[PDB]
Amino acid sequence: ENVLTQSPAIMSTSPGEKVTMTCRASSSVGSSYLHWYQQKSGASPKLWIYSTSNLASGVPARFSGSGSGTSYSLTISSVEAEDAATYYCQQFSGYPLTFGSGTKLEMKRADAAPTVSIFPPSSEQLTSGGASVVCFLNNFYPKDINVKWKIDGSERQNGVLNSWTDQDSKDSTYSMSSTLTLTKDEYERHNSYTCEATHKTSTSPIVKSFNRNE
Amino acid sequence: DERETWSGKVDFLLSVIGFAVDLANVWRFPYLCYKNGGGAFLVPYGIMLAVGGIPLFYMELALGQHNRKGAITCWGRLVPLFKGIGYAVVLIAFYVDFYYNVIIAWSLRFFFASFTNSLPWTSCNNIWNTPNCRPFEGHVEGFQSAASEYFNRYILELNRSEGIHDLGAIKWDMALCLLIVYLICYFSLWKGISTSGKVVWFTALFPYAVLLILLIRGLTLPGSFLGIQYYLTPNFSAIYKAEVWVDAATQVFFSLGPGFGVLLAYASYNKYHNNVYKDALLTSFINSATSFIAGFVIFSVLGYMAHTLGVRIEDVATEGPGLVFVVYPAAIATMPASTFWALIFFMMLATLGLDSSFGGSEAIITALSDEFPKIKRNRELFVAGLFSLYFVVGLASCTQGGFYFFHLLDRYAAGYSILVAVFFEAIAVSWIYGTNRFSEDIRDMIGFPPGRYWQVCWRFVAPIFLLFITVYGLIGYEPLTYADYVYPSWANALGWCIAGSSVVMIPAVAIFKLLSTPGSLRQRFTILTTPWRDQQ
Amino acid sequence: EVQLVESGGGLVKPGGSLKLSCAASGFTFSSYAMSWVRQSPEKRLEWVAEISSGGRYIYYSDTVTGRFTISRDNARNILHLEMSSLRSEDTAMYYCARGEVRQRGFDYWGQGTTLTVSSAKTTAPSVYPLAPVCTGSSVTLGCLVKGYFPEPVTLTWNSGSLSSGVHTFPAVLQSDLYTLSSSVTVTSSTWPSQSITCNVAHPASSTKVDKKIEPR
Ligand SMILES: CC(C)CCC[C@@H](C)[C@H]1CC[C@H]2[C@@H]3CC=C4C[C@@H](O)CC[C@]4(C)[C@H]3CC[C@]12C
Ligand SMILES: CC(C)CCC[C@@H](C)[C@H]1CC[C@H]2[C@@H]3CC=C4C[C@@H](O)CC[C@]4(C)[C@H]3CC[C@]12C
Ligand SMILES: CCOc1ccccc1O[C@H](c1ccccc1)[C@H]1CNCCO1
Ligand SMILES: OC[C@H]1O[C@H](O[C@H]2[C@H](O)[C@@H](O)[C@H](O)O[C@@H]2CO)[C@H](O)[C@@H](O)[C@@H]1O
Ligand SMILES: [Cl-]
Ligand code: NA
Ligand code: NA
């Protein structure tokens, strides 16, 4: 089986810049059997380049491709925001048919600190046994963010669900939702809850908290 | 599971190139240009080559590679009702080896006759000569040239035979030559493709070397430009004529040899995913290209004859064996270093024939080997049993009236037989088997379907193209004649049996296979129209 | 012009069987070889099976071989993949992709249809309104969808009248249950000047609820 590996796995690019990405195969591939697919987030794949030099219909001229044997590459001359997607190389040379591991393209953007919001458990939720306090960290860049939950000043590391949105096609930022879930009896045993977001923008962590009684 | 395959790809190409390129590329195509309006002739020649010529050539190559079997089995597995086509093609190939190999014998006879400081056919003062001998070719029948009388009264001794009824003695100098040819064929074909594949390296390539130096030697002779003028000077008044298109249609078909079972055999040893579309386009091209070059070879020398030797172009511009065994050797005898040009010419003529004989024989061997495993392991003995049958009956061509026998087979054996055979080959593959079914097979091999162009040709153009040739072949038909001699009615009837014995296999096998299956009439047709692949 | 619609598919218990279909339109279906390609929830593409124009040549990946059967109807222009002995590894978005030419690749894809193979049981979510504990310019609200299965769920705000300032997070699977949340921000003048609701749909459990956000 002929496995196609792509690198980089992920890459960020400032618009107008030049991006190159490679696809290398364990076994040689006929230059006419190698193809590229662009898949935008939440959409199905689209044929992009085929035969490795040949653009498909609707594909702008900024895209090009080259390679032979076990080594191929996709290049974008001047990158745009509508170019942000995951790119997949494919081998039609022989069966079984294989797809590359993919290269995810993202846009560079100016660093922006997040905005933290805390949301204590709803009464509808507190009628049943459970209590879930959630935190929203919004519109920050770059992607990596770190959340810490503290109960009355002592860190809680357990029972947390974190979710990241895909990069925004408008402001090119990310967002995260952190949800700490615990039984009500434990929610009533402590009077204070804190959500702290560590990000490269701030030396000190951005913090937001709320007190039980209020 | 396993079947033998070509060692290296070049061997396959050289085998196909070899079978395709032969004396007809030399002694026919150039003449047709001269007669048909020169450069103009290329238009109908080109179109015919494109619409009917290449598609049929391509088709059989793809079939050969896809079904992976020889002629008999392959047409059995395709349209069982039409399996008869396999037998027709194999028989035709069988008949053709009987005569065609003798042309090579002549080439070798001249080659062996060619070591001298002075070539025997130059003058009129020898013993085989007649008081009517001329130095070079003329327009009167009773007075022949020196080269003509040499070939006729010495090599052939055709003057001593009153017709086909009287063959006369057996020339054992010719028998020797014919044996040597079959010996070569045997040691080429007995071990299969592993050998014959690399023998064609010499036999397919050598002609191009000799074409190269004969081309230079030709174009550096006085009056060589006059030759080229006669050859290629465009006249488009011919294009309106149907006879030209027929001549182009006929030449293209018989030069390429599509559906002859040879291409099928060769391609059957191909690797499944080999690209046969490229192989067909390159191989076809090289065939016609070779004919084109050869025209320059011939007509350069033919111009030099009309210039320095004072002979009318009409007389020296000829087709068939007459051209290479009389007219050309005549010019060679005049120019310096004559012994050199004569030796390589007759060697080229031989290696030109050999390539094609291999293919013809191979089509037969492969076809039978697949249908009868009994003879498949015994092959080394089998072709010996074959070439022995060839040589024995081939002795009839080595007699003094042997040309009369040769000329008989040439008109009858493969002429109208292969046309109807290939016509059913087209109808089978398209109307019965289906183009979509066929196109799908090709996509599996080379990865992409045949363009709508190829699909139209295989279906509508091919049959009409074949039918077009067949109709005008019948229209212009005349009883068999050579020179002043007229073959007896019983002789023509004999040829028609030979012509009809192959073709009759198509309906014979159909009727027979039809009565040997159970079920209704329409229920039996579906059984005989179902491909072997679909039954798995 | 040419369109491809994948249909069938949903939750199935391991070992089960399901038949996927693809409705082809806008071209001559008969003349083109089709193929099934799947994408795992880890977003990895994997080719599954190819069928010829006339279905006379079939190729499978070693992973589905003997379990999956690819099929054609050129009369009704439908592509079929019938699956059996389903494992959890079979869970993916299944794509219907066309191409007749190995040298040009797959030039058209369907929207895809989602197959989930789990022993887990279908359960409806519980939607919790998220309101601030106790400026401007912008306030932020939220919706918590917890404990549901399988996916998907459709979550919009006020019937989809707000597309702006809304961040709806992808659901994460924990212990055979999905949890999903969404954030929406507006001006302090806009809320609670008007009552804003979060509406969630989960057809699998046939559960459609609207939750109005009210200040505590
Ligand atoms: C002016 C005339 C005499 C020139 C003759 C051209 C000769 C050299 C041409 C004619 C056909 C050609 C061959 C056609 C087939 C192949 C197959 C390819 O895989 C290798 C090259 C090879 C073997 C070619 C070599 C050159 C060739 C032999
Ligand atoms: C005169 C000698 C030297 C060359 C003769 C011309 C030959 C080689 C040319 C003339 C017309 C040509 C054809 C014109 C049309 C097509 C259709 C295209 O989709 C494939 C190539 C094909 C099939 C061409 C093959 C080459 C061709 C047959
Ligand atoms: C039918 C198989 O073809 C041949 C069989 C025996 C000897 C030569 C053969 O060559 C073909 C041929 C020649 C003359 C008459 C019929 C058939 C080839 C000769 N080269 C081009 C294609 O036709
Ligand atoms: O016995 C027949 C032999 O005759 C030829 O030999 C000729 C030769 O062609 C010629 O050039 C020479 O001058 O005379 C001899 C015979 O006298 C053939 O070459 C031989 O193959 C024949 O066996
Ligand atoms: Cl020719
Ligand atoms: Na020829
Ligand atoms: Na030959």
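Residue numbering restarts at 1 for every chain, and letters A, B, ... go by the order of the sequence lines. These values consider heavy atoms only, across backbone and side chains, with no hydrogens, waters or symmetry-generated copies. Each ligand, and each atom within it, is numbered from 1 in the order the structure gives. Heads up, header says this was done by X-ray crystallography, 3.0 Å.
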Chemist: Okay, contact question: for ligand 3, which chain racks up the most heavy-atom pairs under 4.5 Å? Name from the PDB entry, please.
Modeler: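 The main partner is Transporter.
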Chemist: Which one of dobutamine, reboxetine, pramocaine, fenoterol was assigned to ligand 3?
Modeler: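 The drug at ligand 3 is reboxetine.
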Chemist: What are the letters of the other chains having a heavy atom under 4.0 Å from reboxetine?
Modeler: B
Chemist: Provide the residues lining reboxetine within 4.0 Å, heavy atoms only.
Modeler: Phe19(B), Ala20(B), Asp22(B), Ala93(B), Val96(B), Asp97(B), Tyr99(B), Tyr100(B), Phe254(B), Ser255(B), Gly257(B), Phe260(B), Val262(B), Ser356(B), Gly360(B)
Chemist: Which taxon does the entry assign to chain B?
Modeler: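 The deposit lists Drosophila melanogaster.
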Chemist: Looking at the deposited structure, what residue and atom does the covalent bond from reboxetine join?
Modeler: none
Chemist: Which other ligands or ions approach reboxetine to under 4.0 Å?
Modeler: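 The list: ligand 6 (sodium ion).
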